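Check out this one - LY2090314 stuck to Putative cell-cycle-associated protein kinase GSK.
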Amino acid sequence: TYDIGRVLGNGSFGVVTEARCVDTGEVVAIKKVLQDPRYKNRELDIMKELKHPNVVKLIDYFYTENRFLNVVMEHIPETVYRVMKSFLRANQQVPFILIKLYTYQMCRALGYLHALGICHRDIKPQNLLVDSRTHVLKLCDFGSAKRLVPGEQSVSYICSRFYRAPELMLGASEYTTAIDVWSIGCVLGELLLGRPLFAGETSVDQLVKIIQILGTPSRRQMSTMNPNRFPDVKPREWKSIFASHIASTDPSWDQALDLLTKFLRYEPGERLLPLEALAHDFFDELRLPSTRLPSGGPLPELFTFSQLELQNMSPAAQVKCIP
Ligand SMILES: O=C1NC(=O)C(c2cnc3ccccn23)=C1c1cn2c3c(cc(F)cc13)CN(C(=O)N1CCCCC1)CC2
Ligand SMILES: [Mg+2]
Ligand SMILES: [Mg+2]
Ligand SMILES: [Mg+2]
C-alpha cells in the first residue's frame, strides 16, 4: 500500500518518513512508533477523533512485525519554523498578513482541540505545518497530547522549553489547556520578533527570562499557577521589546501587541481563549472579501466553523468571526 522513502527526522519519539500511497498516488507522512503490548496508543486514539481543516488529516494506520504502529498522515511541505528562518536569514520581518494567517489558524486548531478536552502540550513553530503556496497551516505531532480535564495531574516537564507555560516550570502538576494558550502567545511573539521571545538556557532560566520582560508575578498570581517569593524586576514594555521591528514598519502593532498581552497572562485562567481570540480585530483583515495572499492567491479556508467550534464560542465571537 505504501512506497516508503526518506526519514524526515523529528525531534521526538517515532520515525517519520515520506511515503507514497500507491492506491492514490499521494505523498504522505508515516509515523512509526513502538506499540505497547497492552495499552492503546494515545496519539493514534486522539488522531482518530480529530477532523479539522487545521489539523493534519489521519489517512490510515497499520501494524508492522511487541510490534510497530504506523500512523499515516497527510503531508505538508514546510513548517512555521522553516518560514521564520528564511525571514531571519533575509533579515526581514514576516509580513503581517502571514502573521495574522498563521495565528488565526493556530488558534482555530487549538480551540477545536480544547473543545474536545484535548491539550496539545507541544505547540512550537516546528510542530505547525505550512504550505507556502496557500499559507494553510495545520497542527501536528500529537505525541505529547493528552485528554486533559482540570483536576488531572500530569507531567510538569512537558513543552519544548521556549514555549513552556510558567506554571509548568513552577512545578504545577494540575494545569489546564491554558498551557497551550501560553505557547500560542510565544509563537505570536516569535513571529513578531523573528526569534524566540523567551529563550532560556535552562527551564529555570526560561522562567527568569519571562519574569524579566513581564515582571514579577504577585503572590496572588503565583497561586493561580501553583497553589503551593521572587526578586523585584522592572518589566519591559512590549513597545520596548519590539522597538527595532516597529521602527522598520495600519494599527497592526497595537492589535498584535494587545493580542500578545492577553495570551501571555501569568494567571492561566485569564489567558484569552483561542476561539474567542479569533474575533480580535487583529484578524479583521482576514474577513475582508477583497483580501488576498501577498502573491495574489485566495486566502485558505478560514470560516468553515464546525458545530463543536461554534458551541465553544461566545455569541459575540460567533457573529464577529462569520462574515
Ligand atoms: O507532512 C507531515 N505530516 C505529519 O504528520 C508530519 C509530522 C509528523 N511529526 C512531526 C513533527 C514535527 C513536524 C512535522 N511532523 C509531517 C512533516 C512535514 N515536514 C516534516 C519534517 C520533519 C518531520 F519529522 C515530519 C514532517 C520536515 N519539515 C520541517 O519543516 N521541520 C522539521 C523539524 C524541525 C524543523 C522543521 C518540513 C515538512
Ligand atoms: Mg489503554
Ligand atoms: Mg489500515
Ligand atoms: Mg477556546
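We're sticking with the PDB entry numbering for chain A, so the shown stretch reads 27-91, 101-263, 268-288, 292-365, in order. Each ligand, and each atom within it, is numbered from 1 in the order the structure gives. These numbers come from the heavy atoms of this one structure, side chains and all, not from hydrogens, waters or symmetry mates.
Within the model, the positions assigned to LY2090314, copies included, correspond to ligand 1. For LY2090314 (ligand 1), the atoms closer than 4.0 angstrom to any heavy atom of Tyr116 are 35 (C), 36 (C). In this structure, atom 14 (C) of LY2090314 (ligand 1) lies nearest to the protein heavy atom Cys175 SG, 3.3 Å. Counting heavy atoms under 4.0 Å from LY2090314 (ligand 1), residue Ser38 does not touch it at all. The contact set between LY2090314 (ligand 1) and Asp176, taken as ligand atoms under 4.0 Å from a residue heavy atom, comprises 11 (C). Closest heavy-atom approach to atom 20 (C) of LY2090314 (ligand 1) within the set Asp157, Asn36, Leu34: this belongs to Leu34. Applying the 4.0 Å criterion to heavy atoms of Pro112 picks out, from LY2090314 (ligand 1), the atoms 37 (C), 38 (C).
LY2090314 (ligand 1) places these atoms under 4.0 Å from at least one heavy atom of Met108: 5 (O).
Each of the following atoms of LY2090314 (ligand 1) lies closer than 4.0 Å to a heavy atom of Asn162: 11 (C), 12 (C). Per the PDB, the organism of origin for chain A is Toxoplasma gondii RH. At a 3.5 angstrom cut-off on N or O pairs, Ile111 counts as close to LY2090314 (ligand 1).
Within the structure, the closest approach of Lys57 to LY2090314 (ligand 1) does not fall below 4.0 Å when heavy atoms are considered.
Checked by distance only, LY2090314 (ligand 1) and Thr114 come closer than 3.5 Å through their nitrogen or oxygen atoms. Proximity of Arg117 to LY2090314 (ligand 1), defined as any heavy-atom pair under 4.0 Å, is confined to the side chain (atoms from C-beta onward). Defined by non-hydrogen atoms within 4.0 Å, the binding site of LY2090314 (ligand 1) is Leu34, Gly35, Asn36, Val42, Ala55, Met108, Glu109, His110, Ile111, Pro112, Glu113, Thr114, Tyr116, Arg117, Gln161, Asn162, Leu164, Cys175, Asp176.
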Pairwise, report which nitrogen or oxygen atoms of LY2090314 (ligand 1) are under 3.5 angstrom from protein nitrogen or oxygen atoms, and how far apart they are.
{"unit_1": "LY2090314 (ligand 1)", "atom_1": "1 (O)", "unit_2": "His110", "atom_2": "ND1", "d": "3.3"}
{"unit_1": "LY2090314 (ligand 1)", "atom_1": "1 (O)", "unit_2": "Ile111", "atom_2": "N", "d": "2.8"}
{"unit_1": "LY2090314 (ligand 1)", "atom_1": "1 (O)", "unit_2": "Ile111", "atom_2": "O", "d": "3.4"}
{"unit_1": "LY2090314 (ligand 1)", "atom_1": "3 (N)", "unit_2": "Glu109", "atom_2": "O", "d": "2.7"}
{"unit_1": "LY2090314 (ligand 1)", "atom_1": "28 (N)", "unit_2": "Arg117", "atom_2": "NH1", "d": "3.3"}
{"unit_1": "LY2090314 (ligand 1)", "atom_1": "30 (O)", "unit_2": "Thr114", "atom_2": "OG1", "d": "2.6"}
{"unit_1": "LY2090314 (ligand 1)", "atom_1": "30 (O)", "unit_2": "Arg117", "atom_2": "NE", "d": "3.4"}

